[PDB]
Every structure is written in structure tokens, then in C-alpha cells.
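Record below includes phloroglucinol.
Each chain gets a letter, A, B and so on, in the order its sequence line appears, and its residues count up from 1. Determined by electron microscopy, 2.7 Å, according to the entry header. First listed ligand is number 1; within each ligand, the first listed atom is number 1. We show just part of the entry here, counting contacts only within that part.
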Amino acid sequence: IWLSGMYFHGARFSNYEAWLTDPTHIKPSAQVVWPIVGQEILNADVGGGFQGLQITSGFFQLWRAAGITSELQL
Amino acid sequence: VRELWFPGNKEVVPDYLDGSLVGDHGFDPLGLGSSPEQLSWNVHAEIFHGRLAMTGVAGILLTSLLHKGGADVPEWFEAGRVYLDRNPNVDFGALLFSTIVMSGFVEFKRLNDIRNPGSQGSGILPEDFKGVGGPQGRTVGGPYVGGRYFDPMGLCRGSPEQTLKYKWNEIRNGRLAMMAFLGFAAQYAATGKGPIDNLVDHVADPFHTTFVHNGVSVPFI
Amino acid sequence: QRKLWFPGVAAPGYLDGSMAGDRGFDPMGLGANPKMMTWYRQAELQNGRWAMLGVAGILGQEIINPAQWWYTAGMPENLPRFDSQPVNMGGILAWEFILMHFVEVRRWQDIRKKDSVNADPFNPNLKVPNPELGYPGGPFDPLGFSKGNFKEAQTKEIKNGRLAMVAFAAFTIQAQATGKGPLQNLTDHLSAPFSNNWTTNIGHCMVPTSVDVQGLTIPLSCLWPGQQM
Amino acid sequence: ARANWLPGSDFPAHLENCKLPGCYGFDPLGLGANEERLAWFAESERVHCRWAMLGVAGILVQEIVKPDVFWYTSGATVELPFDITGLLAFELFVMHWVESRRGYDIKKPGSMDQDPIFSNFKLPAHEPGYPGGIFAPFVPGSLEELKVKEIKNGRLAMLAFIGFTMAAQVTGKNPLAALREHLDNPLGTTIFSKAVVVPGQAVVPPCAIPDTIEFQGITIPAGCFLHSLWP
Amino acid sequence: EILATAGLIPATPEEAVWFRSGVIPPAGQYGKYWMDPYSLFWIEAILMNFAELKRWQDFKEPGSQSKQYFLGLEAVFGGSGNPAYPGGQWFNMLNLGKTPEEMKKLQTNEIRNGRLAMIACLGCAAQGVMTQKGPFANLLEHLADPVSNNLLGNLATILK
Amino acid sequence: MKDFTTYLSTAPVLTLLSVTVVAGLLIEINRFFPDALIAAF
Amino acid sequence: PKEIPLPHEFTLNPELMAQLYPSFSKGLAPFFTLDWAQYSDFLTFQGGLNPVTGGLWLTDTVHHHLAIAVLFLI
Ligand code: CLA
Ligand code: CLA
Ligand SMILES: CC(/C=C/C=C(C)/C=C/[C@@]12O[C@]1(C)C[C@@H](O)CC2(C)C)=C\C=C\C=C(C)\C=C\C=C(C)\C=C\[C@@]12O[C@]1(C)C[C@@H](O)CC2(C)C
Ligand SMILES: CC1=C[C@H](O)CC(C)(C)[C@H]1/C=C/C(C)=C/C=C/C(C)=C/C=C/C=C(C)/C=C/C=C(C)/C=C/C1=C(C)C[C@H](O)CC1(C)C
Ligand SMILES: CC1=C[C@H](O)CC(C)(C)[C@H]1/C=C/C(C)=C/C=C/C(C)=C/C=C/C=C(C)/C=C/C=C(C)/C=C/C1=C(C)C[C@H](O)CC1(C)C
Ligand SMILES: CC1=C[C@H](O)CC(C)(C)[C@H]1/C=C/C(C)=C/C=C/C(C)=C/C=C/C=C(C)/C=C/C=C(C)/C=C/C1=C(C)C[C@H](O)CC1(C)C
Ligand SMILES: Oc1cc(O)cc(O)c1
């Protein structure tokens with residue numbers, strides 16, 4: 001279930017597709033927060049026209065090594 | 001004994017479903033009516049849902065037929081918006097409040113009847129609103145309310161065989177109408193057209209007009 | 001019974017052999033129910049008699065009017081004219097619907113309760129003596145071809161009806177696959193059987209997708225998904 | 001009895017020993033299963049029979065005497081000697097009085113049998129739905145056969161009125177006019193000749209009645225009875 | 001493939017292969033059916049659901065499947081002691097194998113033929129993946145040159 | 001069904017459901033009425 | 001990334017995969033003939049890291065997984 005959640009978040013709330021085109025400047029992000037009490041500030045400008053929390057789990061690198069490329073595969 | 005929702009397999013048939021209830025086929029794999037009071041509540045909910053679904057489906061079908069003929073009758077998925085547009089003097093909140101209040105009055109009458117089977121057949125109401133019972137061996141109240149107002153033609157008054165046949169007709173039609181409303185919602189969400197529209201487009205071209213060609217059920221197709 | 005449809009098959013218990021044409025068939029068990037067996041027997045008699053009339057009519061019209069194809073003999077432009085009245089398929093359907101409805105309701109009522117509608121609605125004295133279901137007799141048997149061995153004649157009728165049903169299915173498939181009449185198909189096969197058989201004709205639907213009947217479009221289709229000519 | 005709506009069938013249990021006139025055992029839905037409901041429906045059927053007979057006779061006579069006036073639109077094209085409002089009010093008042101008396105007589109047999117103005121006059125004892133006395137000063141034959149005749153003629157009149165309204169909505173002509181039109185071409189004037197539905201196409205005859213009619217200063221709907229449901 | 005190789009059907013031998021009928025769209029598909037394969041699978045799922053579920057219920061309860069009404073067909077669903085051999089009025093129309101010894105012999109024939117067919121199906125799948133052709137084509141090519149056309153000779157080209 | 005409803009009535013299940021309902025209500029109150037520093041009536 | 005062929009186009013097409021790795025034009029024949037050296041293009045033992053991505057050579061990882069798989073199976 002945890003793995004499914006990781007893949008789903010990387011496929012719907014991430015910038016993996018944009019990160020593939022620029023993996024050295026775009027910071028990986030796979031979490032988006034809702035705007036409720038000013039917490040939307042946590043949605044950093046990671047890059048590629050995306051806003052979210054910077055992740056450090058290394059899932060983007062793993063997926064790239066596996067040749068995921070697209071979000072449909074995730 | 002009686003026909004089951006799955007020929008053979010008496011293990012899946014629950015013990016509380018002995019066949020006395022109308023429309024009983026031993027269907028309850030999840031055991032949602034294991035408790036007696038829960039079973040009674042579910043019986044009331046099922047008959048109410050069937051009647052409501054039949055009324056809604058009949059209205060939707062008639063409005064769709066009128067819309068196809070050229071009448072100024074909008075579709076079911078847009079009837080509310082259309083009516084609100086042609087009547088700009090009717091506040092939406094006011095209509096919602098009025099609907100909730102009137103429905104609350106009748107629903108509270110029915111609710112008190114559910115709590116006390118024969119408590120609404122007096123006071124500001126005649127004995128006709130007391131109910132005839134049926135489920136769980138009850139002889140008063142329940143979803144089957146006889147009288148001269150909820151049964152003016154007296155179809156359930158006289159010959160128990162006719163009453164049983166009509167009760168089975170009602171429950172079967174209610175279940176069919178519930179499934180029909182579910183299909184209406186799914187078809188509208190997949191194709192974006194009404195029921196009659198889908199039926200005529202399918203009859204005109206049987207193959208190439210199935211759920212696989214709507215682009216929603218089968219995403220890659 | 002004695003001889004069955006297949007060598008060594010076990011005839012079902014309910015197929016004793018009393019009924020005409022009983023060859024111990026019924027591999028689906030549709031006759032295990034007595035009431036359903038009676039209804040199916042009535043349906044078999046009706047289908048066999050109608051198939052006999054249809055096959056005889058198709059063959060007769062092909063012999064007398066070979067220029068007209070039985071498959072398309074129903075279009076309004078091919079309907080023979082006997083008077084100056086206009087051609088209206090709806091009007092013709094009205095007569096047939098009313099008369100057929102009346103006669104079929106009478107037969108149905110007889111099936112429900114035997115000898116219940118055996119009397120004339122106007123003259124109670126005039127009665128139809130039907131010894132069994134599907135065999136009214138009386139006015140329906142003016143020549144009196146019964147009286148004698150009734151079971152033998154019944155067997156002949158049921159066998160002829162079954163043969164006619166098979167023949168009608170054959171006529172339909174042959175017309176949809178070749179676009180000709182049964183006699184025409186038989187003649188063509190006798191000329192070049194190696195090149196005019198079911199192997200070459202099958203897979204072709206020689207019938208248009210739809211037909212225009214005085215404005216009304218009737219969707220047409222073969223009995224099997226052919227190549228649409 | 002031997003007179004059955006379906007020869008060879010069996011009369012329903014509630015319709016057995018049925019003493020009502022014109023009782024041929026027709027009740028597939030069992031609407032007459034209840035005894036009280038059966039009597040109420042009998043009174044309703046008798047009143048419908050008489051009203052339909054009067055209406056059909058009036059429509060036929062109006063068409064014969066005045067063939068240039070459409071019975072369907074006669075409500076708004078006749079030129080009333082009085083006013084529509086006053087006429088409707090007067091009719092409603094008198095109809096309320098007579099209908100209330102009749103309905104109460106059905107609910108309670110001898111409750112509405114005395115003259116309120118002249119105490120000396122009183123309707124003699126009778127059966128529900130058949131007043132008699134001053135209402136039947138001439139009876140040519142036995143009452144039972146005449147009752148059967150009345151019920152049968154009333155049923156035929158109801159069917160005739162429905163046919164009249166449907167023919168007026170489909171053809172826009174009067175009863176005899178539609179009959180003459182059908183006689184000039186029987187194979188082309190039937191409902192099967194104008195309407196037909198098939199899996200893929202449907203032919204629906206156009207409405208011969210205007211969508212709306214203008215009466216006085218307002219507009220009245222008056223269209224077609226479920227045109228979208230027409231074949 | 002055999003009928004197409006002889007020209008009996010209007011399909012080329014390379015188009016009549018079993019893995020190109022539409023079962024695997026990537027490997028090829030026949031787009032001339034009366035309706036698309038997905039809807040065909042929908043009908044297939046409903047029909048097979050009915051048949052397989054009734055068979056399973058009979059396996060669980062041998063006496064069932066012949067009690068509930070099923071358009072009159074339930075009269076031939078009584079089965080027998082062995083779930084694999086119902087052979088009633090329909091499953092054993094011709095009444096073949098009247099004696100127990102004859103039935104045992106026929107059952108042995110059925111088991112041996114089925115095992116050979118299982119092995120053959122697996123072989124057909126493997127050959128199709130490694131030769132990209134049909135079973136009949138593989139057999140003919142092997143007959144033409146057996147020393148060259150075989151498993152060892154086809155190792156160089158497996159998906160070409 | 002009775003046992004299931006009894007399990008749903010246990011202290012942990014009821015505590016989590018009550019906390020979730022209260023948190024959801026507060027979140028929606030702050031979503032529709034945000035930045036409520038004082039009780040301005 | 002949107003221009004690279006899909007994974008199945010590489011898994012079931014030895015021609016394209018051969019265009020990327022020429023040793024694949026020989027199929028599985030070298031593996032069964034004990035001439036594994038032919039597979040040295042995609043089964044390397046380089047070392048270090050890929051100068052473009054900064055990670056280990058995927059060919060080296062493939063060779064590593066194959067070797068450990070044989071060892072574990074034995
Ligand atoms: C909300 C409508 C509703 C309700 C309240 C009931 C209630 C009842 N049904 Mg019934 N049924 C329904 C709809 C409903 N049914 C429909 C539409 C059909 C046609 C498929 C049937 C067919 C049916 C049969 C054949 C039988 C019953 C029977 C029963 C009784 C025993 C079952 C039980 O106790 O579980 C109670 C049921 C519920 C509490 C409903 C739970 C709904 C779940 C939680 C949601 C999931 C539904 C669906 C799979 C997801 C779609 C939702 C989404 C797409 C929006 C009971 C009183 C049995 C009986 O003895 O009759 C008296 C029986 O034999 N039902
Ligand atoms: C060569 C393979 C083979 C063999 C030897 C058998 C043998 C047997 N089967 Mg079996 N069967 C097979 C294939 C085979 N089957 C396949 C592929 C299926 C899947 C459809 C079945 C499904 C099946 C069922 C469901 C049942 C049997 C039963 C039986 C037993 C009954 C006796 C019998 O009919 O003999 C078999 C005779 C032959 C194999 C010779 C026929 C060979 C030709 C080519 C077949 C032509 C059939 C054709 C469609 C005929 C159509 C018209 C026809 C009705 C006149 C018997 C031991 C029944 C049983 O268990 O009895 C208690 C039973 O219940 N079979
Ligand atoms: C009430 C209902 C529909 C009513 C619709 C109405 C009023 C529509 C109203 C309007 O349209 C009009 C007229 C006009 C429009 O302009 C506006 C709206 C307002 C839209 C459908 C219910 C629909 C209800 C449905 C479909 C219920 C299905 C339940 C099922 C199948 C449950 C099965 C089982 O529960 C059992 C029985 C046993 C368990 O153990 C196992 C499982 C399997 C869980
Ligand atoms: C026995 C059994 C039992 C088991 O158990 C099971 C099973 C197997 C199911 C079984 C079997 C069955 C079968 C075989 C069936 C079949 C049938 C048929 C064929 C019918 C037809 C049937 C047929 C028919 C009626 C037909 C008829 C016909 C007709 C009228 C015709 C008409 C016509 C004509 C004149 C001419 C013109 O121009 C055209 C038309 C119009 C066209
Ligand atoms: C019995 C039963 C039982 C079972 O069980 C079931 C079922 C089936 C349901 C059933 C049946 C039913 C039915 C059929 C019904 C119907 C009825 C009708 C038709 C009525 C009418 C009815 C009808 C009617 C009254 C009518 C009337 C009419 C009228 C008055 C008219 C009038 C008029 C005139 C003069 C003239 C002017 O200018 C116009 C007007 C004004 C218009
Ligand atoms: C049940 C019943 C009962 C009643 O009563 C009677 C009756 C009717 C008789 C019945 C039925 C029966 C049946 C169905 C039968 C069928 C069978 C079959 C189909 C077999 C096959 C069977 C089949 C089989 C073995 C098959 C085999 C195969 C093979 C070897 C193959 C081989 C191969 C391969 C690998 C590949 C290569 O590249 C080529 C080749 C060389 C070609
Ligand atoms: O709907 C009604 C029934 C009844 O018996 C009397 C009445 O006046 C109205």
C-alpha cells in the first residue's frame with residue numbers, strides 16, 4: 001500500500017516528467033499541500049512550472065534508472 | 001425451497017433470510033442485515049429507495065422523451081439549472097429550504113411510524129394512516145401503508161394472493177429502477193447524453209456504440 | 001420409438017414414444033416438464049405448419065414466377081396489382097394484424113383450457129371436435145382424412161414439418177449467401193459443383209444494409225456476419 | 001355466466017356471482033376486488049357511461065347541423081350568449097349541488113331522497129345509481145335488459161369519445177369527416193398507414209391542433225395528448 | 001493456418017496465425033470482426049461467468065444446479081459422482097462408453113490426448129515467440145530442411 | 001452486524017472518528033472563514 | 001523523453017536494440033555456444049561512474065545482477 005501511494009504521488013502530484021528533461025536544475029518534488037491556514041507556503045518553486053514539497057527519497061532517480069519516463073507507467 | 005440469487009450454495013444464504021420477506025432470495029454476502037433491527041431498517045430503506053427510484057426514473061424518461069420530440073423540456077442533468085434560469089425570481093436557497101421543510105414533515109411522520117408502528121394513525125390523522133404491517137410479522141405500520149389515501153383503489157384490500165403479487169411487482173420494479181438510475185448516471189458521466197439519446201444512438205448503430213466506444217469506460221480505447 | 005435419432009443413445013424417461021415423431025432426442029432436457037412439453041409441442045406444430053406453407057410458397061412462386069426473388073418479393077414495387085387501390089404496406093399490415101390476432105387468441109385460449117373455445121361465438125351448436133391439442137378437426141378437416149390411422153398421419157405431418165423447417169433455414173442461408181432462389185442454387189450447383197458450393201458462397205452477405213419501404217428504412221442483416229457483398 | 005369478455009376463460013373470484021349489469025368478468029388488475037371499491041367504481045362507470053353518451057351524441061349532432069364548426073375548438077369559437085365567467089360559475093354551483101347530492105346518495109342510500117323545498121315530494125326507494133321516480137317517467141321494457149343496454153351503450157360511447165378526440169388531434173377533422181376520409185382510402189388512412197416505428201426510424205404523424213389557442217385575452221395550452229409518445 | 005495454407009479461406013497464411021487473431025493486439029490483430037474485441041470480451045466474460053460459476057457450484061454441491069429453474073435446462077445439470085464427468089443428457093448425448101471398462105478406456109484416451117494437446121499448445125507458443133510464424137509454417141519449414149531449421153539453428157534469430 | 005457496530009463503538013475507533021470529525025469541521029470553518037483573529041459578530 | 005521508443009519496442013525488437021547494442025544482432029546463439037565474449041558490449045566490467053549521469057554504469061549493474069543470480073541459483 002505504501003509503495004502504491006509512492007507511485008501514485010509520483011504520477012499525479014509530482015514533476016517527474018519535467019525533472020527528466022532537466023535533472024540537474026529541477027528539484028524533485030512529489031507532495032502538494034492544500035491551502036488552508038497559510039500552509040501553501042510549503043509548496044516550493046522546485047522547477048518546471050510545479051510547486052510542491054522537495055522530496056529526498058530518491059524515487060525520481062530510481063524511476064529514471066528503470067526507464068519509467070512517463071507518468072502513465074507510474 | 002425458494003429461488004436463490006445463486007443456484008445451490010445454501011451456505012452463502014443467511015439464516016435470518018428465511019423467505020418470509022417480499023423479494024427474499026437469500027442475497028446478503030456482506031451480512032449488512034444480520035441484526036434484526038438492522039434488517040427491519042434495511043427493509044424500510046429498500047422499499048423507500050425503490051419507490052423513489054421508480055418515480056425519478058419515470059420522470060427522467062418522460063422528460064427525455066419530451067425533449068426528443070421538440071418540447072421545451074430540458075434534460076434531467078440540467079433541469080434544475082434551466083428552471084432556475086427561466087425563473088430568476090426564485091431564490092435557490094429558498095427552494096432548498098422549502099423542499100427540506102416539507103420533506104422533513106412527511107419524513108418525520110414516516111420516521112415516527114418506524115419508531116412506533118401504529119402511532120400516526122390518530123390525532124391529526126385518521127386510522128387509515130396507521131399501516132397494515134407485513135415485514136417481521138407486524139400487523140401495523142411499516143412500509144406498506146393501506147388506508148383510503150395511500151391505496152385509494154384498494155388493490156391490497158381483498159384476496160391475499162393479489163396483494164402478494166402486487167408486492168412482488170413493486171419490489172422487483174423498484175430494484176430494476178434503482179439499477180436503471182445507476183445506469184443513467186454512469187451513461188451521462190461517460191457519454192454526456194440522456195438515456196433516450198443513448199438508446200436511440202445505440203439502436204441506430206448497434207456495434208460501434210457500446211460502452212467500449214464512449215472513451216470513458218475503456219480509457220485506452 | 002424403437003429406432004432413435006442416434007445409434008445407442010439413451011432415450012429420456014419422459015420420451016416413452018406415445019407422442020408422434022418421438023425419436024428419443026431432446027438433448028437439452030427442454031421436455032422434462034409436462035406442461036412445457038405440451039407448449040413446446042404446440043410451438044413445434046405451428047412452426048412446422050408455417051414452415052411447410054412458406055417452403056411450398058417459395059418453391060411455387062419460383063416455378064411460376066422465376067423472375068421474382070422470394071427474398072425481395074415483399075417490397076412494395078414488386079407487389080402485384082389487382083385493383084386501382086394505392087399501395088400502402090401499413091394498410092396491408094392492419095388486415096393481417098387484426099385477423100391473425102383474433103385467430104391466434106382463439107388458439108391460445110384453446111391451449112390454456114382444452115375444449116374451452118370449441119363452439120362458435122354466435123351459434124353454440126356449431127362445435128369443433130378436437131381430440132387433442134393442435135388438431136382441431138371439424139371445419140379444419142372437411143375431407144375427413146382422419147378417422148383411420150390418426151397416429152400414422154400425425155407422424156407424417158410432424159416429419160414433413162421438421163423437414164420443412166430445415167428446408168426453410170436452408171433457403172434463408174442460401175438466399176443470403178448467393179442472392180438467388182433455391183431452385184436456381186440447385187441448378188447452379190449441378191453445373192459447376194466444385195466452384196458453386198457452400199465453400200465459395202459462404203462468407204458473403206448478398207443483402208443490402210437497409211431497404212427503403214416507401215420512406216421507411218428497415219435495417220437488414222444476414223443470419224451470420226458476412227462480408228456484405 | 002356464458003357471456004364472457006374472453007370465451008373459454010374463467011371469471012375472477014370477486015366477479016363471480018356479480019349481479020351488476022353488463023358484468024362479463026373483465027378485471028385483469030382486480031380493481032373490483034374490494035366490495036366497497038366495487039360499488040364506488042360501479043357508480044363511476046354508470047356516470048361515465050351517461051356523460052360519454054351525452055357528449056358523443058352532442059358532438060355528432062353539432063357536426064351534422066354545423067359542419068363548419070370544429071368540436072375540438074368549439075370551446076373558444078362559438079360566441080356565447082352570456083359570459084364565460086358567469087356561465088362557468090353558474091354551472092359550477094348547480095353541478096356542485098347535483099353531484100354532491102348524488103355522491104352522498106351513493107355513500108348513504110336513502111340520505112338524499114327528500115325534496116328540500118316541497119316536503120310532500122320524496123323520491124321512492126331505489127337502488128344505488130338508479131334514482132327513478134321522477135327521473136324515469138317512461139320505461140319501455142324490463143329494467144334489467146334496459147340496464148344492460150345502458151351499460152353497453154355507455155361503454156361504446158366512452159370508446160367513441162376517445163376515438164373522436166384522437167382523430168381530432170391526428171386529423172383535425174370532425175368525426176364524420178374523418179370517417180369519410182377513411183372511406184375514400186381505407187388502405188392509407190389507418191393509424192398503421194400514418195405511423196410506424198422500427199429499430200432505427202419512427203414516423204409520427206404531425207399534430208393537427210395548434211400548440212396554443214388564444215381565448216379572449218389569455219392563451220390556453222390545448223395541444224396534443226402526449227405527442228412525444230405517439231407511434 | 002492449415003485452411004489458409006490450402007487457400008480454402010480468404011486469409012493469407014501469415015494473417016491466419018493464432019497469435020495474430022486479436023488476442024494480443026501488439027503481435028497483430030484481425031480488425032474485421034462484427035464488433036471490437038473488447039466488447040467481445042465483455043460478452044465472453046458474462047457467458048463464461050455463467051458457465052464456470054454453475055460448474056463450480058456443481059463441484060461444491062453435486063446435487064445443485066438441477067433444482068433452480070434455468071429455462072428448463074437445469075434438467076441436464078444433475079451431473080454425477082465425479083465432477084469431471086457429468087455426462088448427463090447433454091454432456092453425453094451419444095451415450096458413448098456404456099460399460100465401466102469402456103468408459104475407463106475412453107477416459108484414458110481423453111487424458112492422454114489432453115496432455116499431448118497441453119504440450120502442443122506450450123510448444124506452439126514457444127515456436128511463435130522464437131520463429132514469429134505459425135505452427136504449420138514451422139512444421140513445413142522444418143520438413144524442408146530439418147538440420148538447418150530447428151531449435152539450435154534458430155537461436156541466432158529469435159524475435160526477428 | 002451487531003458485533004461490527006460494537007467494534008465501531010470501541011474507545012479507539014470512536015476517539016479517532018471524533019477527532020477526525022472535529023478536525024474536519026475546524027478545517028472547513030477555517031477554509032470558509034479564514035484569519036478569524038477576534039470574535040467579530 | 002517523449003521521443004524515446006517505448007519499453008516494449010525495445011524488448012520485442014532486436015533490430016532497434018541492436019542499433020543501440022550491436023551484440024544483439026547475433027541473438028541468443030553466443031550464450032548457448034559459450035561465446036559470452038560477444039556480449040561484452042552490454043555486459044561490461046568497467047567501474048567508476050558514468051561521467052554523464054554520475055552513477056554506476058548500467059551495463060556493469062546488469063552484469064553484476066546476472067553473476068549474483070547465477071551464484072544464488074547454484
Ligand atoms: C440502497 C438500496 C437497497 C437497500 C437499502 C436494500 C436492502 C435490502 N436488500 Mg436489496 N437490492 C438493491 C438495493 C437495495 N437493497 C438493488 C438495486 C438490487 C438489484 C441488484 C437489490 C437486490 C436484492 C436481492 C436479490 C435481495 C436483496 C435483499 C435485501 C435485504 C437484505 C440485504 C441486506 O440486509 O443488506 C442491506 C443492503 C444495504 C445496506 C445497501 C448497502 C450499499 C453498499 C454499502 C454500497 C455499495 C453498493 C454498490 C455495490 C456500490 C455502488 C455505489 C457507487 C457506484 C455510487 C435488505 C433489506 C435480499 C432480501 O432478502 O430481500 C428482502 C435479497 O434477496 N436485494
Ligand atoms: C480426443 C479427445 C477426447 C476424448 C477421447 C474424450 C472422451 C470422453 N469425453 Mg470429452 N471432451 C473433449 C475431448 C475428448 N473427450 C474436449 C476437447 C472437450 C471440451 C469441449 C470435452 C468435453 C467433455 C464433457 C463436458 C464431457 C466429456 C465426456 C467424455 C466421456 C464420454 C464418452 C465420449 O463421448 O467419448 C468421446 C468421443 C470422441 C472423442 C470421438 C469424437 C471425435 C470427433 C472429432 C468429435 C466430433 C464432435 C462433433 C462436435 C459432433 C457434433 C454433432 C454430434 C452431437 C453428433 C469420454 C471418456 C462426458 C463424460 O464425462 O461422460 C460421463 C462429459 O461430461 N467430454
Ligand atoms: C433512490 C435512487 C434514485 C432516485 C432519483 C431521483 C429522485 C431523481 C430525481 C431527479 O431526476 C429527477 C426526477 C429530475 C431531475 O431533473 C433532477 C433529479 C433530482 C436528479 C436510486 C437508488 C439507487 C440505489 C442503488 C443502485 C443500490 C444498489 C445497492 C446494491 C446493489 C447492494 C447490494 C448489496 O447490498 C446487498 C443488497 C447485500 C449486501 O450484503 C451486499 C451488497 C452487494 C452490497
Ligand atoms: C429438437 C430440439 C430439442 C433439443 O433438446 C434442443 C434443440 C437442439 C434446440 C432442438 C432442435 C431444435 C431445432 C432444430 C429447431 C429448428 C427450428 C426451425 C428450423 C424452425 C423454422 C421455422 C420456419 C418457419 C416457421 C418459416 C416459415 C416461413 C414462411 C411463413 C415463409 C413466408 C414467405 C413466403 C411464403 C414467400 C415470401 O416471398 C417470403 C416469405 C414472407 C418469407
Ligand atoms: C375496466 C378496467 C378494469 C381492468 O381491471 C383494468 C382496466 C383495463 C384499467 C379497465 C379498463 C378501463 C378503461 C378502458 C377505461 C376507459 C374509460 C374511458 C374511455 C372513459 C371515457 C369517458 C369519456 C367521457 C366521459 C366523455 C364525455 C364527453 C363529453 C361530455 C363531451 C362534451 C362536449 C360536447 C358534448 C360538445 C362540445 O362542443 C365539446 C365538449 C365539451 C367536449
Ligand atoms: C463430449 C462428447 C460427448 C458426446 O455424447 C459425444 C461427443 C460429441 C463425441 C463428445 C465430444 C467430444 C469432443 C468435443 C471431442 C473433441 C476432441 C478434440 C478437439 C481433440 C483434439 C486433440 C488435439 C490434439 C491431441 C492436438 C495435438 C497437437 C499436436 C501434436 C501438435 C503438434 C505440433 C506442434 C506442437 C507445433 C509444430 O509446429 C506443428 C505440429 C507438429 C502440428
Ligand atoms: O376520492 C374520493 C373517494 C371517495 O370514496 C369519495 C370521494 O368524494 C372522493
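- Taking every copy into account, the model assigns phloroglucinol to ligand 7.
- Lab note: most contacts to phloroglucinol (ligand 7) come from the chain the PDB entry lists as Chlorophyll a-b binding protein, chloroplastic.
- Other chains within heavy-atom reach of phloroglucinol (ligand 7), distance under 4.0 Å: D.
- With a 4.0 Å heavy-atom cut-off, phloroglucinol (ligand 7) is reached by the side chain of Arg37(D) but not by its N, CA, C or O.
- With respect to atom 3 (C) of phloroglucinol (ligand 7), the closest heavy atom belonging to the protein is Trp40(D) NE1, 4.1 Å.
- Close approach of phloroglucinol (ligand 7) to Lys107(D) is summarised as follows: ligand atoms under 4.0 Å from at least one heavy atom of the residue are 4 (C), 5 (O), 6 (C).
- Using a 4.0 Å heavy-atom cutoff, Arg148(B) is absent from the residues neighbouring phloroglucinol (ligand 7).
- For phloroglucinol (ligand 7), the residues with any heavy atom closer than 4.0 Å are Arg37(D), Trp40(D), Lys107(D).
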Which pairs of N or O atoms, one from phloroglucinol (ligand 7) and one from the protein, are separated by less than 3.5 Å, and what is the distance for each pair?
residue                   : atom  : partner   : partner atom : Å
phloroglucinol (ligand 7) : 5 (O) : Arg37(D)  : NH2          : 3.0
phloroglucinol (ligand 7) : 5 (O) : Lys107(D) : NZ           : 2.6

